[PDB]
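Structure of zanamivir in complex with neuraminidase.
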There are 4 protein chains.
Amino acid sequence: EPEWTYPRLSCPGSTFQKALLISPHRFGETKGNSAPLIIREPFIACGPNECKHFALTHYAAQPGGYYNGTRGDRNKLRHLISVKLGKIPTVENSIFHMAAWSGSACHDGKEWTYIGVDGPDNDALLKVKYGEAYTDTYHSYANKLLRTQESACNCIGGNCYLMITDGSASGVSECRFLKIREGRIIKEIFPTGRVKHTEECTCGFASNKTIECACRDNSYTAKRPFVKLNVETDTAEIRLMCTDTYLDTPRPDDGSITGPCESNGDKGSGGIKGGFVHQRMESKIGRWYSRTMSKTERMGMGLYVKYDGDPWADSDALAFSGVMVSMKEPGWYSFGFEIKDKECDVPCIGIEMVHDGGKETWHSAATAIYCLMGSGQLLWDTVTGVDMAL
Amino acid sequence: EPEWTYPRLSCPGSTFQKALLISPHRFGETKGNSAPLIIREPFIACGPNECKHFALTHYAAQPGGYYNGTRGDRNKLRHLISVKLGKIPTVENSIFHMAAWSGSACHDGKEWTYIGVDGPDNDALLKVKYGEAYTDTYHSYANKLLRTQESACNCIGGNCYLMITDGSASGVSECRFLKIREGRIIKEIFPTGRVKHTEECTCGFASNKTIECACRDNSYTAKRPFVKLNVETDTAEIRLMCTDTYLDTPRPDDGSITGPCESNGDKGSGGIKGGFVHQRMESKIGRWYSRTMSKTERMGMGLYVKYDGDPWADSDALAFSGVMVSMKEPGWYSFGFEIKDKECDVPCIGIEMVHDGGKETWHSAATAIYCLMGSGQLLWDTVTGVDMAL
Amino acid sequence: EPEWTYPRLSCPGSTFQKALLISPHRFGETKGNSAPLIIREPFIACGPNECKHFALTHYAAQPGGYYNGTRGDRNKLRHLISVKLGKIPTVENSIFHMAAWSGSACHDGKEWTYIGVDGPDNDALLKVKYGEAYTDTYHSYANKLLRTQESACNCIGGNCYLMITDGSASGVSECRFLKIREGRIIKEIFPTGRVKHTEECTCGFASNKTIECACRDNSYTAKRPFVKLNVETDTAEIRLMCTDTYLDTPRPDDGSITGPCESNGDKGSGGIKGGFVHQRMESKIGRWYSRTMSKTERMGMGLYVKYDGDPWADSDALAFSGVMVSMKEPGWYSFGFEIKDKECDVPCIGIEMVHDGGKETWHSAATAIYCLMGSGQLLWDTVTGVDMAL
Amino acid sequence: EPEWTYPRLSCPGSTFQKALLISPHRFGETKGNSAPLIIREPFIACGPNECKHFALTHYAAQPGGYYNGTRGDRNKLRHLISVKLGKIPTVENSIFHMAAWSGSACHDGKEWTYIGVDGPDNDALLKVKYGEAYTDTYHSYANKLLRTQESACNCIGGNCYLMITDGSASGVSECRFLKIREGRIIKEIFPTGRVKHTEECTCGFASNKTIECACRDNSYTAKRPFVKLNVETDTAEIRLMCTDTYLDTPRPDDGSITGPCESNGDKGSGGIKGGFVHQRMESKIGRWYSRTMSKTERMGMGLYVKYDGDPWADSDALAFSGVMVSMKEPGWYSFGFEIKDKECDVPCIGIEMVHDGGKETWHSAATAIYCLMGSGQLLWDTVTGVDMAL
Ligand SMILES: *[C@@H]1O[C@H](CO)[C@@H](O[C@@H]2O[C@H](CO)[C@@H](O[C@@H]3O[C@H](CO)[C@@H](O)[C@H](O)[C@@H]3O)[C@H](O)[C@H]2NC(C)=O)[C@H](O)[C@H]1NC(C)=O
Ligand SMILES: *[C@@H]1O[C@H](CO)[C@@H](O[C@@H]2O[C@H](CO)[C@@H](O[C@@H]3O[C@H](CO)[C@@H](O)[C@H](O)[C@@H]3O)[C@H](O)[C@H]2NC(C)=O)[C@H](O)[C@H]1NC(C)=O
Ligand SMILES: *[C@@H]1O[C@H](CO)[C@@H](O[C@@H]2O[C@H](CO)[C@@H](O[C@@H]3O[C@H](CO)[C@@H](O)[C@H](O)[C@@H]3O)[C@H](O)[C@H]2NC(C)=O)[C@H](O)[C@H]1NC(C)=O
Ligand SMILES: *[C@@H]1O[C@H](CO)[C@@H](O[C@@H]2O[C@H](CO)[C@@H](O)[C@H](O)[C@H]2NC(C)=O)[C@H](O)[C@H]1NC(C)=O
Ligand SMILES: CC(=O)N[C@H]1[C@H]([C@H](O)[C@H](O)CO)OC(C(=O)O)=C[C@@H]1NC(=N)N
Ligand SMILES: CC(=O)N[C@H]1[C@H]([C@H](O)[C@H](O)CO)OC(C(=O)O)=C[C@@H]1NC(=N)N
Ligand SMILES: CC(=O)N[C@H]1[C@H]([C@H](O)[C@H](O)CO)OC(C(=O)O)=C[C@@H]1NC(=N)N
Ligand SMILES: CC(=O)N[C@H]1[C@H]([C@H](O)[C@H](O)CO)OC(C(=O)O)=C[C@@H]1NC(=N)N
Ligand SMILES: *[C@@H]1O[C@H](CO)[C@@H](O)[C@H](O)[C@H]1NC(C)=O
Ligand SMILES: *[C@@H]1O[C@H](CO)[C@@H](O)[C@H](O)[C@H]1NC(C)=O
Ligand SMILES: *[C@@H]1O[C@H](CO)[C@@H](O)[C@H](O)[C@H]1NC(C)=O
Ligand SMILES: [Ca+2]
Ligand SMILES: [Ca+2]
Ligand SMILES: [Ca+2]
Ligand SMILES: [Ca+2]
């Protein structure tokens, strides 16, 4: 009988290793007989019994005749879809949850909560689904472009916390947090501090008390806005990550942003969503981060880690841990998630490896997974193995 | 060990929103690898654990070579099929329930009842299936064309109520209601009042005591016949909806029908099945309706609502809630259904969007879904995104 | 904690009606994207929860490159497959049970028993499978061609009864009966009486005391051999069906066999497996049968019935019930089976509808189902809808 | 509550028979509509409820455009996949467990354990997954090529025993055995005795206290290294099996290795994974093995058996029990596994039948299965039925 889930101590390990590649378009060739879905913004969320691989589809397949428009972000056909992790997301394997061009999902211990935003840009609408039922909505508040995480929300004892943001992509987007219980929004949380631009937060539990998020600023800085949300008081605060190892793309050179922690620096315009995930141990906390190998291009994906300290106040360079995607291969969005073992949580990072060939052809993605696994060093990189010409 | 289901209070909300689109022919192009089934008359029915998406297939897929005859209404190949709502209705995903060119289905809390009418026009036959087992039949009583709802029947305390009808499409069709329990017919019900012509009723619970249906008159009027069925006494009465906002297609201008409520008016010839769903509150009853945007063509679909009053007596215009499907897009049959949240019911309306290219090509449909969901105004419309040329 | 099944009283009804068509080759065209399996000798068996549609595949699909051989009876590639009844039996939907060119299956209330015969003609081997495990075997005793029912075996209190036979197609073929429990052969039953040729028995439960079988004589008579098997004392007895309505194909004109009951007669060479099922009542026993509409060809299928009496002694013509398949459509093997309702058993007859374009193209079959359904008369026939040039 | 599994006494039987063929490429022709996965190194492992069919895929299908490399051993794309035994392993039916170019799997009665080694040749990494969660890793020790069984590991009382090996392919490869419990390596076992080269062990339980393995020597001999592992003491000893029937391929003539039991002999270069499975009886143990028909080539597959005695000491030829695959057909890797019947275990051997047509086209395999079944002699051989040109 189902009880509410809580974050547990992470399971023992000291390094990440290549775990699993989901590359649907390995079967999408004209010579083939398969129907992989055209997608982007994939993420993974796990419940006590099952892991689900989510994505936003353009409601089209490779091969097919609806490639035109699959390079855009929003339209009336896009849908949040999923399969069990390990299954290839095809037309028939997938299930279509709801229309959305921005999404999230999380399992609270008893049931799946699905999140989907669609509607017109100036008045977008977030929709909440608990299992099969549509249960709530939330309205755009800045009337620019209401949007959400493109990664998993976080549930503790029945309460599910979700980042949403609204505002200009090149101007101001003040983010908020929805608290959602059994499909219904029961509280809005307004963060304090450096709030001028926060989008596409990647969140997780530092403990039973605190959720932390590494987010994206699309205008002002190449440093990641770092949220600290206390779930006991339902309050949040945002300051920029102090580490010399700037995680955004585009970014400047490491350390080159001189001055105090809060200094915005150069190359702030533009952005990318970043992997972030906690390794909780008895007396220390590990924070793992991913960023592209290239400073200005969505190419490659490397892994970093730092134990304890305060991300807001520490200049310290993050320890480079290894290359997950070499700079020759595409490396786009990345997200954190946790797999539930018998008595312990297993932190992972998934990486969106987009197949980009311009607007003249199809535009989709593969997903690579790296998980905390044993000891030593990260050993192997990941390729998609897709020839976009076929 | 499940209990019989009963209609519950509706979930909180005050507006409908775009929820989900099932457009299987987005994957029916020649350079694709999918086999979506060719169907029409789709509808949805929900049990306590699952929503099923039903339709009548022509036992043929796109791409395929059996297009010829997919624009006819009846033949020896048509079958009632279903998939789990959210899955694409393909050859492999679908399950074939029974031979039928007219159908319904509903869950009683324990098991599925599947209804499927087939046979020669002059002597058609209704078939009842309970789970896997064929359990009963009902013979033609007017010998013109026995037929049924093309949407979900309704169960309360293990008793399922089903509308059937038989008669000319341009003359008298005096409908009846069957009371079906565990797959077997236990009582016929003969409605009184205005029984000239009643077909393809879209029914639902107004309360524990009353079932209401918004039906179709294909011969005499563009006002929808309105059934009130007392499930405590198993009697039914029918009168025409009095509202100025005529729901049928074709129809004259709104309010144009001079004279009192019972006035049949002009443009009675023809018709279309219309969406109808209840929003049950503690102290009021909300009635949600859909109708085409075009006055004469099966094009577009708009949403409407009025709270309480007597549908038989009120000439009051229905409130316009929004455009679910614009007039640029096809809008055919519509239906009501209810999704089961943990403690309350969620009213929804489905829209059949037919792909009509004429007799020389394939003839099928997509399904769009809107549901009561939060507050405010209906925000976005639905397109199928299908080019029939591919 | 589950329990053995026993035959129950058949459930109310007085006529059969068209239920379900499984016609996978409707989707097997060259311009399609489906993969129906190529099969023959299909049958259906039902346990307490689901029905399974079994067949013998040639391990090849349509469209495909392996049409050569699909009109042959035995080879090293043939397997017994199934799907849940309602599903299209394709490459991906089907499950492969074991190598076999002759088969049977039945559920005892706890688990499925799968029967499969393969091997060389003069030393064939019957193989039994219980759940996932291979459990027993039986050897050729005549060294001509060991073979079995090609339809459901019959289980009572955990004991399952299966007909096998060994011998020449144009000579002696003395069948035996295996009593099987939980995958293992516990007893052999040697039938007394008219035993010179008995094959492809279609069997059902007349009572808790008696199994009856309508079988096929391929060399001596156009009357069908009829088995009476006493499951209480494990003894079997065979005599020819005395009825003027000769059920084999080919056959002489009805009644035209001159002599007493045991009289063999003319046109005894050739034969076909025939449908036969019991309608059990407290009052009386109904016996439904099926035979081709043509006397000399596998064309059409007619439904017949006599209530009570002794088919060993009664020469009276069986009552014609209706045409399940017209003489314009193919009509091959037919089989009996019973779907389990909550309280009652529903008798059905399935009809293999073979697509026969000769040995230069593919060779497979559709399945049509008719079940006892309500009262009145049988109303509609079944067509496959398949054009073999597509 | 689910308890730990232990080996049980074997099911009654005297001989193996052809059970099942899995040949996915029968449906891989260019004029078809299916997508069989391209694989090699298949094996099978069963738990209390289900058997799974594993393999190592090249992440490509037939037909498709990624054949280049499919004859390769290791790359960054290979993955451990599985379907339920009985299902065709296609793109859609299969589940992707983890990246791997060497694998293993087993069920301990509660949960599955999946083994997958990947990484650089020189610093390879073994990965352990328990259900959904990656739980442990193990590093290369000889830094030459860490690798594992490519067949089922073995679980008793929740303790899973698995063979790993590292070192030269033409020199020393000293193996180790891991004790894995609920996904974690709790003990390593260092074997004594003859240990210069042992790889690709096929292991099974000989009792509740002894596991035996028939392994491969790719460098020094054509006799198979034979591991004995005491699971009570957690110690293992390895000596070459002495029988004159050399099970390796390539091999010299039977008996031609002159000398005492421990002598190496000629033609010890090269190797093949070989079949081995126990038949456990009351006061007797059976030992079934398989080896190729050709002495030099990977063609054909014969079955051999011997009861009791010591494989370390006994020189006598194994009793030839029949041809499973004729020398005209491909016979590559073979492996042992056991199916769990209700009260006993059924021994089987699986055979990899590689479709080899060189480096310029696809490279994959079918899986053939023979199991202990009844009495007498092994009756029929297995062909794939695949024409590589189609
Ligand atoms: C966050 O809070 C949750 C809930 O308080 C913590 O999990 C709880 O504490 C321990 C986790 O190790 C569990 O104790 C165990 O009890 C079971 C019997 O239920 C027993 O088998 C074990 O030997 C152990 O004593 C406790 O049950 C568990 N409670 C729930 C409701 O899950 C969690 O550890 C906290 N996370 C932190 C501190 O990072
Ligand atoms: C229509 O009639 C049915 C039949 O009585 C009504 O269903 C009943 O609804 C009540 C509350 O509305 C349920 O009571 C609740 O039971 C749960 C435990 O099951 C308990 O935790 C709650 O505190 C509450 O007492 C009752 O169980 C339920 N019975 C059945 C058989 O469903 C239904 O409410 C009526 N719908 C209307 C009036 O709109
Ligand atoms: C063949 O013999 C078996 C004996 O096992 C008969 O099965 C039995 O059928 C009777 C029919 O009335 C069942 O009685 C019922 O029991 C249920 C218990 O839930 C009760 O609610 C009903 O009111 C009724 O009394 C009986 O349970 C059943 N036995 C078993 C073990 O299931 C079967 O009917 C015989 N076949 C014939 C007569 O054709
Ligand atoms: C090996 O050990 C297992 C575990 O004790 C034995 O399995 C038992 O078998 C008996 C029947 O002989 C059952 O009544 C017990 O319930 C079984 N125990 C468990 C835990 O399943 C097995 O018989 C032993 N002997 C062998 C394999 O020869
Ligand atoms: C709602 C929305 O359109 N989000 C965009 C997002 C956005 O353009 C920027 O972050 C700026 O606000 O970035 C792009 C992107 O890949 O950079 C993906 C997202 N596309 C989708 N989620 N569909
Ligand atoms: C049984 C039957 O053929 N019902 C018809 C329906 C019917 O003609 C009208 O209700 C008037 O009598 O028209 C509609 C329609 O599209 O208008 C299609 C239906 N097609 C199917 N349900 N198959
Ligand atoms: C085991 C076997 O080969 N059975 C044959 C069967 C047989 O040839 C005759 O009955 C004569 O004994 O008839 C033919 C047939 O359709 O007439 C189909 C069967 N084909 C298969 N079951 N494979
Ligand atoms: C890990 C690994 O690559 N194992 C090899 C194996 C190996 O080369 C020899 O056993 C010598 O060490 O050869 C066999 C083989 O087919 O001979 C295939 C294996 N391929 C894979 N398992 N991928
Ligand atoms: C379609 O079927 C009808 C009726 O069977 C037939 O008259 C017509 O010629 C067919 N059309 C084509 C294009 O074959
Ligand atoms: C057809 O099948 C027979 C059966 O063995 C075989 O001899 C023949 O060569 C086959 N022909 C082709 C073209 O495959
Ligand atoms: C296969 O790939 C290799 C590189 O890995 C390349 O050199 C070779 O030409 C390729 N083969 C073909 C036929 O393209
Ligand atoms: Ca930035
Ligand atoms: Ca009208
Ligand atoms: Ca005959
Ligand atoms: Ca060797």
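One letter per chain, A onward, in the order of the sequence lines. Here chain A follows the PDB entry for its numbers: 76-465, in order, are the residues you see. By the PDB entry numbering, chain B shows 76-465, in order. Numbers in chain C track the PDB entry; the residues on display, in order, are 76-465. So for chain D, numbering is the PDB entry's, and the shown residues are 76-465, in order. Worth knowing before you read on, the calculation uses all heavy atoms, side chains too, and leaves out hydrogens, waters and symmetry mates. Every number for a ligand or one of its atoms is a count from 1 in the order of the listing.
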Counting duplicates, which parts of the structure are zanamivir? ligands 5, 6, 7 and 8
I'm mapping contacts for zanamivir (ligand 6). Which other chains have a heavy atom under 4.0 Å? B
Just to be sure I'm reading this right: ignoring hydrogens, which of B:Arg115, B:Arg149, B:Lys219 gets closest to atom 2 (C) of zanamivir (ligand 6)? Compare them by their nearest heavy atoms. B:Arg149
Judging by distance only, is a nitrogen or oxygen of B:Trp407 under 3.5 angstrom from one on zanamivir (ligand 6)? no
Which atoms from zanamivir (ligand 6) have a heavy atom of B:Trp176 less than 4.0 Å away? 1 (C), 21 (C), 22 (N), 23 (N)
Is the contact between B:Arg373 and zanamivir (ligand 6) made by the side chain, the backbone, both, or neither, using heavy atoms and a 4.0 Å cut-off? side chain
Does some non-hydrogen atom of the protein lie less than 4.0 angstrom from atom 22 (N) of zanamivir (ligand 6)? yes
Considering the heavy atoms of B:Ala244, write down every atom of zanamivir (ligand 6) situated less than 4.0 Å from one of them. 11 (C), 12 (O)
Measure from atom 7 (C) of zanamivir (ligand 6) to the protein's non-hydrogen atoms and state whether any distance is below 4.0 Å. no
B:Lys348 heavy atom under 4.0 Å from zanamivir (ligand 6): no
Considering only protein heavy atoms, which is closest to atom 13 (O) of zanamivir (ligand 6), and at what distance to one decimal place? B:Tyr408 OH, 3.7 Å
B:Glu225 versus zanamivir (ligand 6): do any nitrogen or oxygen atoms come within less than 3.5 Å of each other? yes
Protein heavy-atom partner closest to atom 20 (N) of zanamivir (ligand 6) - residue, atom, separation in Å: B:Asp148 OD1, 3.2 Å
Go through zanamivir (ligand 6) atom by atom and flag the ones less than 4.0 Å from a non-hydrogen atom of B:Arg153. 23 (N)
Nearest protein heavy-atom contact for atom 4 (N) of zanamivir (ligand 6): which residue, which atom, what distance? B:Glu275 OE2, 4.2 Å
B:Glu274 heavy atoms, cut-off 4.0 Å: which zanamivir (ligand 6) atoms fall inside? 9 (C), 10 (O), 11 (C), 12 (O)
